[PDB]
Amino acid sequence: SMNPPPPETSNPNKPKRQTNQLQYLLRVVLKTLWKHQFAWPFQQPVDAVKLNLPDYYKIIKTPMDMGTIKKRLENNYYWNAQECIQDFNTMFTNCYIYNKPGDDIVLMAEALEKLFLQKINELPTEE
Ligand SMILES: COc1cc(OC)c2c(=O)[nH]c(-c3cc(C)c(OCCO)c(C)c3)nc2c1
Ligand code: NA
């Protein structure tokens, strides 16, 4: 069994900027979720090999996780807040698509997503 390569976190071909919204995404949004008691399954790519989930990457063709997001923020990968917000939504959506209501991982995702929603509701106006 094999995992795919992780999503990229560096690409000199990609355009990027450092903005007040992206700073908020790191300092407020990512930090809040990262510290949460239920963050840990989401802090790195799903290891479908060790977890014995051989169909994971058959169903999830756009993997995303907060370790990748953290690196993207820290390594100034993004052009705008929407690109980052999309990554968070992909991560949550992947969990809901793969799993079933009431599963522990879904409950965990839902807790993180509640906080995500509240933080992004106060994303500052661009400077
Ligand atoms: C340890 O990190 C994870 C991260 C995950 O997603 C971010 C998942 C995930 O999306 N599903 C599961 C997973 C694993 C098993 C063995 C489960 O029991 C029944 C088989 O379907 C369930 C319901 C979910 N484990 C993750 C572990
Ligand atoms: Na993943």
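In this chain, numbering begins with 1 at the start of the sequence shown. Whatever order the structure lists them in is the order used to number ligands and atoms, beginning at 1. No hydrogens, no waters, no symmetry mates; every other heavy atom, side chains included, goes into these values.
- From the options EVP-6124, SGX-523, RVX-208, the one located at ligand 1 is RVX-208.
- Tallying contacts with RVX-208 (ligand 1), the largest count belongs to the chain named in UniProt as Bromodomain-containing protein 4.
- Distance check for atom 23 (C) of RVX-208 (ligand 1): a protein heavy atom is found below 4.0 Å.
- Distance screen at 4.0 Å: atom 1 (C) of RVX-208 (ligand 1) has a protein heavy-atom neighbour inside the cut-off.
- Using a 4.0 Å threshold on non-hydrogen atoms, atom 18 (O) of RVX-208 (ligand 1) does not count as touching the protein.
- Residue contacts with RVX-208 (ligand 1), taken as heavy atom pairs separated by less than 4.0 Å, do not involve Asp47 at all.
- Residue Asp65 does not touch RVX-208 (ligand 1), judged by heavy-atom distances below 4.0 Å.
- In summary, the atoms of RVX-208 (ligand 1) found under 4.0 Å from a heavy atom of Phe42, numbered by their order in the structure, are 7 (C).
- Counting atoms of RVX-208 (ligand 1) from 1 in the listed order, those under 4.0 Å from a heavy atom of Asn99 are 9 (C), 10 (O), 11 (N), 12 (C), 13 (C), 24 (C).
- Comparing heavy-atom distances from atom 16 (C) of RVX-208 (ligand 1) across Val46, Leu53, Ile59 singles out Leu53 as nearest.
- Heavy-atom contacts of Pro41 reach the following atoms of RVX-208 (ligand 1): 2 (O), 3 (C), 4 (C), 7 (C) (cutoff under 4.0 Å).
- Interface of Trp40 with RVX-208 (ligand 1), defined as ligand atoms under 4.0 Å from a residue heavy atom, comprises 1 (C).
- Proximity to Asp103 (heavy-atom distance under 4.0 Å) selects the following atoms of RVX-208 (ligand 1): 23 (C).
- Lab note: contacts of chain A with RVX-208 (ligand 1) map mostly to UniProt domain Bromo 1.
- By chain and number, the binding site of RVX-208 (ligand 1) at a non-hydrogen cut-off of 4.0 Å is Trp40, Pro41, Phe42, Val46, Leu51, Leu53, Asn99, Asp103, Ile105.
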One line per pair, note the atom names and distance for all nitrogen or oxygen contacts under 3.5 Å between RVX-208 (ligand 1) and the protein.
{"from": "RVX-208 (ligand 1)", "atom 1": "10 (O)", "to": "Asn99", "atom 2": "ND2", "distance (Å)": "2.9"}
{"from": "RVX-208 (ligand 1)", "atom 1": "11 (N)", "to": "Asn99", "atom 2": "OD1", "distance (Å)": "2.9"}

